[PDB]
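A quick write-up on the structure given underneath.
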Amino acid sequence: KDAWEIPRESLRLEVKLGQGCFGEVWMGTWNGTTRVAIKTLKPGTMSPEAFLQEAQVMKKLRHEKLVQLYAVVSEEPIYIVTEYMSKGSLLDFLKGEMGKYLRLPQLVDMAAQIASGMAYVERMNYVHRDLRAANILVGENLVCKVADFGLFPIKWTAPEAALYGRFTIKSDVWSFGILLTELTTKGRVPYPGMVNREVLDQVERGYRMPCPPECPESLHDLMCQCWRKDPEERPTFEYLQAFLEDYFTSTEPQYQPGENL
Ligand SMILES: Cc1ccc(C(=O)Nc2ccc(CN3CCN(C)CC3)c(C(F)(F)F)c2)cc1C#Cc1cnc2cccnn12
């Protein structure tokens, strides 16, 4: 009883892309013609009402840089159907064969797209809560879109959120600064060689990751703005998006390619 509802026979599940405690992610086909991604809910693993709230949120969000809901099968077994992003998660994309060809212009453009999606989240007064490369999807032509797979990522979380539960758009901005290090290191785990307990105490003392090799200091300066201790002093996503879009003209006009960035 909804315009999003589709018949069960119009959806075909072709390849299992992921497993979870609550369900699976598949690639499949909708209406025989449209390639789609599909989230399933294991019967009895979580409240159907609880699972379907995801779909209710996605019905209200529509932006070119956010993975787009296409369809729902809303009675058990429940299915949530979205557009398909052919290159998979940004984390895997960076770690895999393509990583060797990505240089700073592609990585900054990817960051600018993610910032645009998060600027929409910001305009709509939502909060992501788990922004990191594992929750970004990549398509043809290096298109990047914000997603949420419901995946503790202390290393990506702002200290006021990790310590006190203060999750806001500004703690997402912190996470975006961490995501900038994942881009510029081709997907490495942040704070290399530190465990969670060291990270939280180190960051509280004022430690911040140093500038990654071959990364311009001006982009590390941007990371450090995202990691300001006071959340209201961090930049908006609107600002981050504009900075990254304009980066190679306004900020690094004499960038030259290196071996890795
Ligand atoms: C099937 C599916 C279902 C749902 C979602 C999904 O991301 N839902 C989502 C739910 C909430 C929010 C925002 N809230 C976050 C929390 N926050 C507290 C409130 C706001 C957002 C967001 F994108 F806006 F962030 C997204 C993605 C997929 C996929 C897929 C897929 C597509 N191509 C490929 C290729 C390879 C592997 N997977 N894959």
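In order, the residues displayed for chain A correspond to 257-407, 424-533 in the PDB entry numbering, which applies throughout. Keep in mind that the numbers below use all heavy atoms, side chains included, and drop hydrogens, waters and symmetry copies. Indexing begins at 1, ligand by ligand and atom by atom, following the structure's order.
- Of asundexian, razaxaban, ponatinib, ivosidenib, masitinib, the drug at ligand 1 is ponatinib.
- Among all chains, the one with more heavy-atom contacts to ponatinib than any other is, according to the PDB entry, Proto-oncogene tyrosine-protein kinase Src.
- Within 4.0 Å of ponatinib on heavy-atom distance sit the residues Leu273, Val281, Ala293, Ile294, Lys295, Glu310, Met314, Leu317, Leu322, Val323, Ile336, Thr338, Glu339, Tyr340, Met341, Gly344, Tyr382, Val383, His384, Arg385, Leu393, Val402, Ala403, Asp404, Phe405.
- For ponatinib, the UniProt domain of chain A with the most contacting residues is Protein kinase.
- Looking at UniProt's ATP binders in chain A, a heavy atom closer than 4.0 Å to ponatinib shows up in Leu273, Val281, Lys295.
- The closest protein non-hydrogen atom to atom 10 (C) of ponatinib is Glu310 OE2, 3.6 Å.
- Atom 19 (C) of ponatinib has as its closest protein heavy atom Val383 O, 3.1 Å.
- Given atom 15 (C) of ponatinib, the protein heavy atom at minimum distance is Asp404 OD2, 3.1 Å.
- Scanning all protein heavy atoms for the shortest distance to atom 28 (C) of ponatinib gives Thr338 OG1, 3.7 Å.
- Among protein heavy atoms, atom 14 (N) of ponatinib sits closest to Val313 CG1, 4.3 Å.
- The nearest heavy-atom contact from the protein to atom 13 (C) of ponatinib is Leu317 CD1, 4.1 Å.
- Atoms of ponatinib lying under 4.0 Å from at least one heavy atom of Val323, given by number and element, are 6 (C), 7 (O), 27 (C).
- For ponatinib, the polar-atom distance check against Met314 finds no nitrogen or oxygen pair separated by under 3.5 Å.
- Nearest protein heavy-atom neighbour of atom 25 (F) of ponatinib: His384 CD2, 3.4 Å.
- Of all the atoms in ponatinib, the ones that sit under 4.0 Å from a non-hydrogen atom of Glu339 are 32 (C).
- The shortest contact between atom 32 (C) of ponatinib and any protein heavy atom is with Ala293 CB, 3.2 Å.
- Each of the following atoms of ponatinib lies closer than 4.0 Å to a heavy atom of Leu393: 30 (C), 31 (C), 32 (C), 34 (C), 38 (N), 39 (N).
- For ponatinib, the atoms lying closer than 4.0 Å to a non-hydrogen atom of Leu322 are 24 (F).
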For ponatinib, list all ligand N or O to protein N or O distances below 3.5 Å, rounded to 0.1 Å.
from, atom 1, to, atom 2, distance (Å)
ponatinib, 7 (O), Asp404, N, 2.7
ponatinib, 7 (O), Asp404, O, 3.3
ponatinib, 8 (N), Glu310, OE2, 2.9
ponatinib, 17 (N), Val383, O, 2.7
ponatinib, 17 (N), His384, O, 3.2
ponatinib, 33 (N), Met341, N, 3.1

